[PDB]
Amino acid sequence: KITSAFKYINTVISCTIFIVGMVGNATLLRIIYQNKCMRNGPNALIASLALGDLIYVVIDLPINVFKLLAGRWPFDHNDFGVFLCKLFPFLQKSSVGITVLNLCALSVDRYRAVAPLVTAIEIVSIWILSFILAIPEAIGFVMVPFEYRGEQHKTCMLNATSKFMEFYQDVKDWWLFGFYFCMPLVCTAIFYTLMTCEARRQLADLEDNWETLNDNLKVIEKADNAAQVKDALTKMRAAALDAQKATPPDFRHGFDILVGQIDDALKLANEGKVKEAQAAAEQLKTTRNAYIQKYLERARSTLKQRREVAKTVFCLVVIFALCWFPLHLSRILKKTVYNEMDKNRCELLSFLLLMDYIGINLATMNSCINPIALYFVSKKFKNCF
Amino acid sequence: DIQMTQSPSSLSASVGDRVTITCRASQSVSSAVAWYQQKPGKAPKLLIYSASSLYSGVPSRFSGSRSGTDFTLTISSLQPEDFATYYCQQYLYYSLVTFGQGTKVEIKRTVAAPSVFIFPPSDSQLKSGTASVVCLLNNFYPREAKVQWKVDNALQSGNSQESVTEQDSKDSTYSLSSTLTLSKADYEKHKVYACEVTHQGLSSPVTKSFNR
Amino acid sequence: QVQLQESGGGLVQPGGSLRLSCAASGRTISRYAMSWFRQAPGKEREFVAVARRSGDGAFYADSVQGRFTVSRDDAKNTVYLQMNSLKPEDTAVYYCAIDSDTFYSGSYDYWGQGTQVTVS
Amino acid sequence: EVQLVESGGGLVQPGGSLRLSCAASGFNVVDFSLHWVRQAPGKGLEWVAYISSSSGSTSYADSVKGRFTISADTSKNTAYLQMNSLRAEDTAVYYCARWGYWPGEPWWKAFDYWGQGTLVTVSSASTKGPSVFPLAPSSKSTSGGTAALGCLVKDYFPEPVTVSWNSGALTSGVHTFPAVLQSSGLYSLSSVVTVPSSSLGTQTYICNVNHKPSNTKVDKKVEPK
Ligand SMILES: COc1nc(C)cnc1NS(=O)(=O)c1cccnc1-c1ccc(-c2nnco2)cc1
């Protein structure tokens with residue numbers, strides 16, 4: 001029926017997800033630390049995500065299977081075995097933090113490139129903050145008694161012991177909602193909008209300058225008197241002086257020589273001879289085709305590459321947001337519109353618990369799925385496979 | 001070609017105030033603008049070049065900025081030395097150089113009312129052959145004022161000169177002198193000469209007349 | 001031909017404040033300046049404050065400098081006098097005028113109907 | 001020690017010729033280009049002409065083309081401007097400025113050094129001294145209040161004129177207005193003193209004027225009517 005099949009499928013998913021996570025994270029870690037071409041900005045953060053995934057998937061699923069197939073927490077005959085029911089919730093709430101703040105950093109840094117020590121400092125700060133924020137959940141769980149098989153045996157559960165724990169259990173659900181699924185989903189969107197606007201502006205400016213140069217060339221080629229060449233060369237000079245600023249300190253020498261030839265042609269036109277002005281402007285085509293086309297192509301390719309990395313940088317966050325929502329959606333129904341007298345009675349009371357189990361399962365499966373997409377969507381990793 | 005327009009034309013501000021001057025260009029000069037400062041009886045000196053850059057030796061309060069084809073010069077602290085005329089320039093190429101109209105910064109104070117006097121011609125001028133009357137406005141702020149001469153209750157729109165003094169240092173006031181000159185015959189053909197003053201402070205225009 | 005009267009006044013006590021405005025229609029204030037006065041008993045109208053066109057500045061006489069404030073809004077055609085720290089000699093009939101020139105010269109023809117702000 | 005001096009200014013008749021100079025110290029003309037800028041009296045700035053010695057290039061403004069010529073001398077390190085067929089609009093103050101060459105920062109630096117200036121006046125009439133008249137206030141004009149007297153000077157052709165009251169005793173309380181073009185040449189001027197005191201003993205208040213170029217000294221008394 002429902003319960004036996006639920007237990008069997010839970011054991012199966014735990015057993016498979018264990019090795020799936022170890023394989024994925026070990027593979028990604030090896031590639032990151034060995035491939036000299038792989039190492040870059042985002043790759044350190046991705047390796048951090050993989051390692052945070054591994055440090056949760058190594059131990060936490062086997063003990064869940066133990067509880068599934070035994071009904072009793074292991075190591076109950078000793079005295080240390082209590083703190084496991086503290087370590088089990090300690091790790092989990094840590095790992096999600098690592099996955100959350102990082103998906104803000106990927107949004108923070110990716111925009112900055114479009115607009116080392118810093119990465120190490122950010123990683124250390126993120127890890128320290130996530131570990132610090134997960135101590136209440138460790139201090140909350142503690143052993144509780146009951147009578148079973150004739151002995152006072154124990155089940156790991158949350159008990160109201162010290163006023164700090166009380167104040168924690170009042171608002172833990174809403175604090176989790178307001179932190180782990182609210183701030184990133186807005187910050188990433190804001191940074192995405194900023195990045196898209198900036199990229200569009202840069203493309204527009206570059207295209208406008210190049211088009212100005214080409215159309216002015218064509219106009220001078222068909223010119224007939226002094227005024228036309230004068231105005232066209234003035235526009236050319238303005239466009240070249242505006243475009244020279246985009247060069248990062250090769251290309252600057254080319255822009256300087258272009259402006260110099262424009263100045264010579266302008267002087268010849270000022271002297272009053274149109275034909276000599278056309279002859280002077282003839283040489284501009286060679287400098288164009290030998291200095292400007294290359295830097296235009298390089299800039300276009302580089303901006304393409306930045307878009308390409310942002311693609312996966314945000315596919316990760318969209319997958320995370322899709323995965324975490326249903327559990328909170330099912331919890332909030334049992335907290336705002338709880339099955340007091342509202343609807344369906346026996347159906348809803350168990351329905352909320354059923355989707356809570358599904359939410360737990362999907363939240364755990366997020367701790368394995370991310371490598372799959374990184375390889376499948378990014379494509380760059382495939383090249384390294 | 002490539003005209004430049006300076007929007008403000010006279011600014012009244014006190015010490016410790018913020019001032020901003022705007023400049024607009026017709027064409028698309030990239031970043032070739034410069035800002036100049038001139039004090040009376042002296043050559044201009046450079047303040048800002050490339051639309052944001054400080055020359056060596058200038059005070060650090062001066063700042064400049066660019067947005068599209070609009071350029072802005074800002075001063076945050078108005079020390080006493082910062083009361084002069086300011087000019088805009090574009091230098092895209094050697095034979096294409098134009099200047100703006102100019103913006104003057106002046107001291108601000110309360111509004112006063114012009115004291116007016118009228119002086120009739122003396123014997124010496126009429127003995128020579130030419131007659132001239134003067135009307136005087138003293139110690140008024142702000143600068144704008146209007147003096148109207150009436151000859152026998154008939155308006156006259158010629159042979160009148162106006163002279164205005166620069167801002168004094170005692171009380172930051174102005175003085176104005178208006179002189180009307182005529183011939184000998186015209187000074188005896190009519191009878192009444194009057195001058196009336198209108199200013200933003202006085203409610204009804206003031207009048208002083210004499211008949212001879 | 002422009003009807004324009006200030007709303008406010010009535011009464012006040014020492015250490016108080018008010019707010020008056022002869023906002024007018026049928027004539028865009030965007031092209032002129034608004035000037036304000038004070039008719040003390042037994043004295044000719046005395047200048048108090050003037051507000052020029054937008055972005056040009058506001059001037060005040062020495063009697064009320066540092067106490068009053070004039071702000072103008074072109075879209076609403078509303079010009080205000082937020083006056084504070086009133087004095088026993090402030091009791092006088094306030095009027096308001098709009099000039100007839102764009103060179104900030106002297107012309108005060110359109111006079112308001114008259115508004116009362118007495119003290120004590 | 002970058003420094004520029006001009007010369008050659010003066011008074012010329014309508015339809016004449018004149019020659020200025022621009023001396024440069026602390027640099028070479030083969031590395032910088034030279035420009036002339038005008039300033040009409042009580043007006044703004046205006047560009048006139050441009051010379052570069054290295055390329056031998058010259059450019060002129062629209063209003064001065066065909067009447068001005070510009071040249072340079074590298075051995076003497078000087079720039080020369082010659083004007084012919086002058087009009088009454090040409091009267092202004094002239095400035096000499098320097099500008100760098102394109103590659104690099106000197107082009108962006110714009111006009112960074114200027115000369116002190118040279119005054120040119122296009123005149124028709126010759127010099128003569130001034131006519132001095134009094135301006136006295138009547139008793140009814142006083143009416144208890146302060147009454148101003150004045151000294152009027154007319155028909156003079158210097159640029160500078162000086163007016164003094166009681167040989168500097170009446171330092172505070174007087175205004176001298178800028179001179180005005182009057183009519184058909186010549187200049188007019190007035191000096192006025194508010195003088196609150198009404199004492200007849202001190203009512204002398206003589207006005208003394210000086211006309212230096214024509215060597216004229218006139219003294220007048222404003223008798224209180
Ligand atoms: C609102 O809920 C949650 N919000 C967030 C933000 C994260 N996790 C939540 N739920 S969770 O239950 O912590 C959980 C979520 C996913 C996988 N495993 C567990 C889980 C399961 C069992 C135990 C446990 N400890 N002792 C006995 O069992 C502890 C943890």
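Numbered from 1 within each chain, the chains take letters A, B, ... in sequence-line order. All ligand and atom numbering here is 1-based and tracks the order in the structure. Scope of the values below: all heavy atoms of this structure, side chains included, with no hydrogens, waters or symmetry mates.
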Exercise. From tegoprazan, samuraciclib, zibotentan, spiperone, sulfinpyrazone, can you tell which is the drug at ligand 1?
Worked result: zibotentan
Exercise. In this PDB structure, which macromolecule forms the chief contact with zibotentan, named as in UniProt?
Worked result: Endothelin-1 receptor
Exercise. Other chains with a heavy atom closer than 4.0 Å to zibotentan: which ones?
Worked result: A
Exercise. What residues line the site of zibotentan at a non-hydrogen cut-off of 4.0 Å?
Worked result: A:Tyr56, A:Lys67, A:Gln92, A:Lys93, A:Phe141, A:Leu176, A:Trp324, A:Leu327, A:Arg331, A:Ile360, A:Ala363, A:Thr364
Exercise. For zibotentan, which UniProt-numbered transmembrane segments of chain A (counting from the N terminus) have a heavy atom within less than 4.0 Å?
Worked result: 2, 3, 4, 5, 6, 7
Problem set entry | Modeled covalent bond for zibotentan | none
